[PDB]
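Opening notes on dihydroergotamine bound to 5-hydroxytryptamine receptor 1B.
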Protein chains: 2
Amino acid sequence: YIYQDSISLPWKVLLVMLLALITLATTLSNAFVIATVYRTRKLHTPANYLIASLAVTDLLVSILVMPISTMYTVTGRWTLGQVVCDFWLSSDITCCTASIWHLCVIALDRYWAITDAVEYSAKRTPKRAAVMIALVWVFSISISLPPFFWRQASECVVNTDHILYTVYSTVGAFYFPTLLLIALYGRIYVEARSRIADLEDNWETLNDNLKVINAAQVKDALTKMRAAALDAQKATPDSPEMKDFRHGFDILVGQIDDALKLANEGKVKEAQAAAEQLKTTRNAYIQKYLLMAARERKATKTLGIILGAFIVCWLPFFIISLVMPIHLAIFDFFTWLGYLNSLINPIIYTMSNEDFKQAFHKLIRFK
Amino acid sequence: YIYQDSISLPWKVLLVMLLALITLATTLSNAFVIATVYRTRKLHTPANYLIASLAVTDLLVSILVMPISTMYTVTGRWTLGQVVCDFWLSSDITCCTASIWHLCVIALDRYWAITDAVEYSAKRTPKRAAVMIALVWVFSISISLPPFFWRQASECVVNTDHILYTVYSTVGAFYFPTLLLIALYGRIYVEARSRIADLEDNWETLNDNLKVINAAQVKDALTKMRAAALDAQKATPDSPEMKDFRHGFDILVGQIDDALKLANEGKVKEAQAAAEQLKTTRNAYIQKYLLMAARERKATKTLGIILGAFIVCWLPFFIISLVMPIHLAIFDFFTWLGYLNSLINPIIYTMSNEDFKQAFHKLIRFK
Ligand SMILES: CN1C[C@H](C(=O)N[C@]2(C)O[C@@]3(O)[C@@H]4CCCN4C(=O)[C@H](Cc4ccccc4)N3C2=O)C[C@@H]2c3cccc4[nH]cc(c34)C[C@H]21
Ligand SMILES: CN1C[C@H](C(=O)N[C@]2(C)O[C@@]3(O)[C@@H]4CCCN4C(=O)[C@H](Cc4ccccc4)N3C2=O)C[C@@H]2c3cccc4[nH]cc(c34)C[C@H]21
């Protein structure tokens, strides 16, 4: 029995439009992300090549899997033969696993950048990403290939005969990637909260007291700026390159010390001018590392949203497909919930990553 | 800083005795299980060879890992050099992973027996188990071997440098095996509750009404026995071998029909004798399949307990070692909680499996 055979004509048509609309939006939305990295010179970074490859897999889901899936989800009956059934089931498994595994490659790349910015820079080559993408495609194709034990050839479903493969395929495609991301993103969230916020918070406090400039109240603000500079200095096993970050603050501390010398003497005009002097000369050594932090905070926020979107979309499906061996609409809804992640990913990047956001404003011609 | 350096002399000694006591109990308790399968002729089954191999791995943990671990847990300092450190860490990882993977092999074997008793019998050869044990040892040794990236050589700990291996090792050794067991045991529990209890419950009801044999009350008991026989018949895609199980009940139903013919006529002595006649002749065709169910119910109860013991012992440790990348006593306690599973497994088999329970009563000379 097919539950779809009891659905009314308006609901079946409404569902055909809805599904075709999200398939086309997935095609167009990914096509844009791919085009943007290709078109934009600034975006020719190994990091953006991973975003583009993630968008290629999601474009392949929208072309090879989703349109032919609207036909099957609404009617409930396979009508394209065994050869197209086998190619579609395999292309479903490879593309959806590769989309998930691209996330981990994007999250390992982020992890190594936030964990070893100095050493990782030389290693993070576009040639390295090429191997990581190829490895992801190799691992994904190698998942749909073993369930070809069909020594037999209406309905098109993946072979559930061998329990051990059903669970291995569920591990390699989801549970291994998500446990990796907990461990990976957890570290990223600890680094973004304890360091990419300690530099930014202690700088806010420094600029807030600079904006203040009675002479008595200036002395209390100048000693508040000194404390924030020392707590901002500790953000940053030899010390090369980080000595430059550490120097700017040590100078700002010395400049605050020389300014307070004029403030303690009683001079107000000589001290107020000494504060606006280090204002430009601080934002000459510090704004370099400070701007870096905004880019870090930004890139981890989008990843956080991407990972949240990934868990919400793919956890129900993989929880159900593991429970399945132990209603059909629930399964049809969750496959499309997983398919929806291919549409959610490009919109997250276009709304959170300002390179793609600016890029989008350019094609719609919005200022 | 070592937390152990602040522990008092009586507590350190008390902890040395406690740990040596559980190490020796693990050695002796596994040695017995191994000996029992080796000594007993009846126990020369591929199923019992898995119990014995599971006991070999747990004996290897008690010899190669646990005694040298009491020294380290109580003192908190490694004092046996780098060569013994590397062999001990590797032998820890291989043996503990193999013990866990033996569980899945024991649970796949149970799953295939309860899911395909007829076809699986011919496949379940001791030669098949030899490959499954070798595959488990091959996979386990292959886990401790990659963390040999130590291009460097007080403290003896596993290399945590490469995050991707830490999580892969955590997946291959625990999360993949436990998700497999949920899927495997879930099926076993569904088969044991819906079938190995439907035969047993409908037989209780049949024997309860036979124990009854006023003539009016006999007719209500005889028609209650008929209903239970038809519901017991449905326990059991061609029908060979299962036609023999189905026949016994169909005859019992016919024998109840012939008995009720004497009961409806008004005859009490002719009908009461007809019930005690099918009592022996039923327990000639049915007690064969009925005894099989007790053995099935028994074997799934021990597995349930083993799996429960496995989750309680190994989940905290593997949850912590995945959290670790994102106090040292917590880690020392949970390793020993995992080590304890090597002692819990042989006592579960000796108290739940009646072959080992009888075997134990023989060495202590108890009747
Ligand atoms: C979202 N995708 C849907 C694919 C799917 O479920 N296909 C079928 C045709 O749709 C079903 O869900 C339908 C819905 C109504 C009844 N259905 C089914 O019973 C099965 C369930 C099933 C799920 C997984 C594997 C085998 C069967 N289904 C199928 O086999 C399955 C597909 C998949 C299988 C194995 C590993 C994988 N990695 C990544 C993926 C993936 C993508 C994933
Ligand atoms: C119970 N076993 C204990 C082993 C262990 O934890 N060894 C060390 C020496 O003890 C520690 O737990 C101690 C306790 C006090 C501080 N310790 C540590 O920080 C680490 C933690 C650690 C755990 C896993 C991997 C690497 C480090 N530890 C170690 O490396 C680790 C060991 C293990 C690692 C990887 C895969 C594995 N499969 C099966 C196992 C296994 C068995 C498992």
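Letters A, B, ... mirror the listed sequences (proteins, then strands); counts begin at 1. Just the heavy atoms: all of them, side chains too, but no hydrogens, waters or symmetry mates, feed the values below. For ligands, and for the atoms within them, numbers begin at 1 and follow the listed sequence. Looking at the header, which is where the method is noted, we find X-ray crystallography, 2.8 Å.
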- Enumerate the other chains with heavy atoms less than 4.0 Å from dihydroergotamine (ligand 1). A
- Could you tell me which residues UniProt lists as binding ergotamine in chain A have a heavy atom under 4.0 Å from dihydroergotamine (ligand 1)? A:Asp92, A:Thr97, A:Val158
- Heavy-atom contacts under 4.0 Å from dihydroergotamine (ligand 1): UniProt TM segments of chain A: 3, 5, 6, 7
- Which nucleotides or residues of neighbouring chains are within 4.0 Å of dihydroergotamine (ligand 1) (non-hydrogen atoms)? A:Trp88, A:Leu89, A:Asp92, A:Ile93, A:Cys96, A:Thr97, A:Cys156, A:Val157, A:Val158, A:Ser169, A:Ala173, A:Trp314, A:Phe317, A:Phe318, A:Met324, A:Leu328, A:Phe331, A:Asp332, A:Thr335, A:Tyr339
